[PDB]
Amino acid sequence: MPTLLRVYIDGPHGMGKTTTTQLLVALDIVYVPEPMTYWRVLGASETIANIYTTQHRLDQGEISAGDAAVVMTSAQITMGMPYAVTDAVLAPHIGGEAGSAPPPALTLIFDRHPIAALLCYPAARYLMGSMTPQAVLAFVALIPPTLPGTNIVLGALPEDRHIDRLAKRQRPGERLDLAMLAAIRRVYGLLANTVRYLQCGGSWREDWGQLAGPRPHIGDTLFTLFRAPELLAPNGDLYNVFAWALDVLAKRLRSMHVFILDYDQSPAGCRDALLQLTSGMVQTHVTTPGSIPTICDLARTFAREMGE
Amino acid sequence: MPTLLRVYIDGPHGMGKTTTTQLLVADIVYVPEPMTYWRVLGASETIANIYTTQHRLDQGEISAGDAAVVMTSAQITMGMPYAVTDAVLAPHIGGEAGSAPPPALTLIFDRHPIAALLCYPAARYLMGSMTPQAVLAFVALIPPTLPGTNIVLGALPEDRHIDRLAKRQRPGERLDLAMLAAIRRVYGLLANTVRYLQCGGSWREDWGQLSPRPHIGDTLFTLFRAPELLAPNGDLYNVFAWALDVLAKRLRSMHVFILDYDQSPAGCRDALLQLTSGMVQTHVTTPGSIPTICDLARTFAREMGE
Ligand SMILES: Nc1nc2c(ncn2CCC(CO)CO)c(=O)[nH]1
Ligand SMILES: Nc1nc2c(ncn2CCC(CO)CO)c(=O)[nH]1
């Protein structure tokens, strides 16, 4: 059947993921861009400006953890909306994997992946204290089942160079919170190891008490963020409820094909560099033969209406 | 593999599910209300929070915005146990075994992910304390409907419900008769929605009427004619229209059965055992599935049931 190769470009904001993918796309391929219009208009109203202000009000000590928590938690629900719906309608047409030989019938490039809204950003906001780990796990329990051929390209960029970049300018409503850059960096690192650890066979349940290449110490995976007095019983173990969610986080990430593109270069180098990774990425067949078109018109509709 | 029979006793609160469900149990396990999770574990006394906020809104002390915001977060917390459960359970579910009995194990659940991912949220929306966009965020998050999904919804006339809803109701509640009118309307609609979807109805093909099956104005789609969802030219944006596509594939495959709650206990408890006859069973995926599945229902029970 016609194969389809999907690739999600994720990682912290401000590294140059949007450009590169354009350059990549500018060259069969459709682009599912960031739904700003949803965040700005359709879904709420300046969702991203809302996020940055609340956390700010929180840092000023004008809003209490709970007011920012309740405001943050709900601001996240809006962010992941477009990712979640796209997956939901996409899922059916996705069939069994085929194999990284050139080429596919279609290539869908994504700007971020469900996990970025249902995990990374929240966990990050949690370390930032504007969110709880209970809520964080709530999203984790909603992360959709991982689809075959789910290729995730996270991104590497030096700090000074990343800070430097954010410094110049980025999203409308965005405030330069270096600490946030730090958290969000941390979370995307962990995420990488987490996949690795998991793929190498880690089993957090065994390594709990301990709280490509070699297997990372569970203490270096995302789990570690979940060793908190909120999530622990009077006898120290995690409440089964959360443990069980860490068990889904594990299942979700366990089948992902994660890659690290380097962003410490020219937009073109990033394009060329990201292109040389797309070749070792696993693709899949479609479910209906006429899925390529609908999957196509689907991405073009998302773009035309949510892009900005 | 052995078969399993899962039943999700749903419907509006204040009718007697809880009351009638325990009775059957006292082969059959019972996964209760995660009350300890709503009160303690996930956050603090969530319910009193849901009700207060609605109150403050009603009593003009707070704004629809402020309500919506807190109202949204809370739901996240109310549905948590359902999701994780559904997600930890999922793989043990094999395909529909004919109807093939007697099942090696019967699981009775106290509500389905939809109560927290669709129903109540639809209800609070209808209350001014929650955005339709928000409601569709959870509708999309609705997990794929597993095979052998049987939902029991309850019938009890408004008056009797008012009476039972007032018998006593949860730590923190406040009798909100409107929230009773909102909630009854929702499940009622959902009842029609499942039949709509099974008699072959297409919401895209019917969507313009709002301006053998039930009329689309008598389904959960009619709620999403929320102007906020509509384009300047009245149209419905593709995001929501997709959310609705989801909502449809989700419900259509459900098996919903009606339990008349207007009849004293055991009388309802009886009817609950009678319905069990047409509910679909499933095989489990692995040898040790049933046992793992038993523990889940017992460990959720001791930890979250209060
Ligand atoms: N989901 C979510 N996304 C967040 C958060 N902060 C920044 N972003 C990404 C927003 C821009 C970068 O800041 C990129 O569009 C947050 O709390 N949640
Ligand atoms: N998910 C959700 N549930 C709500 C809300 N309001 C009342 N309930 C009722 C729950 C009842 C179960 O019978 C009382 O325990 C709400 O806003 N969201």
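Just so we're on the same page: letters track the sequence lines, and every chain starts at 1. Order of listing sets the numbers, starting from 1, for every ligand and every atom in it. In what follows, every heavy atom counts, from backbone to side chain, and hydrogens, waters and symmetry copies are set aside.
- The chain forming the most contacts with ligand 2 in this entry appears in the PDB entry as thymidine kinase.
- Matching the molecule at ligand 2 against ketorolac, penciclovir, clorgyline gives penciclovir.
- Other chains in heavy-atom contact with penciclovir (ligand 2) below 4.0 Å, by letter: B.
- Heavy-atom distances between B:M35 and penciclovir (ligand 2) stay at or above 4.0 Å for every pair.
- What sits closest to atom 7 (C) of penciclovir (ligand 2) on the protein, heavy atoms only, is B:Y51 OH, 3.6 Å.
- For chain B, the UniProt ATP-binding residues having a heavy atom under 4.0 Å from penciclovir (ligand 2) consist of B:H13.
- Close approach of penciclovir (ligand 2) to B:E173 (heavy-atom distance below 4.0 Å) involves ligand atoms 14 (C).
- Here the protein heavy atom with the shortest distance to atom 8 (N) of penciclovir (ligand 2) is B:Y120 CE2, 3.3 Å.
- Atom 11 (C) of penciclovir (ligand 2) has its closest protein heavy atom at B:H13 CB, 3.7 Å.
- Result for chain B: of the UniProt substrate-binding residues, penciclovir (ligand 2) comes within 4.0 Å (heavy atoms) of B:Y51, B:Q75, B:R170.
- Residue-ligand proximity: B:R111 is placed with a non-hydrogen atom under 4.0 Å from penciclovir (ligand 2).
- The closest protein non-hydrogen atom to atom 17 (O) of penciclovir (ligand 2) is B:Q75 NE2, 2.7 Å.
- When B:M78, B:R170, B:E33 are ranked by how near their heavy atoms come to atom 1 (N) of penciclovir (ligand 2), first place goes to B:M78.
- Of the heavy atoms in B:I47, only side-chain atoms (C-beta onward) come closer than 4.0 Å to penciclovir (ligand 2).
- Among protein heavy atoms, the minimum distance from atom 6 (N) of penciclovir (ligand 2) is reached at B:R124 NH2, 3.1 Å.
- Counting only non-hydrogen atoms and rounding to 1 Å, the UniProt active-site residue of chain B nearest penciclovir (ligand 2) is B:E33, 3 Å.
- Counting heavy atoms within 4.0 Å, the binding site of penciclovir (ligand 2) comprises B:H13, B:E33, B:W38, B:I47, B:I50, B:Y51, B:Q75, B:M78, B:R111, B:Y120, B:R124, B:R170, B:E173.
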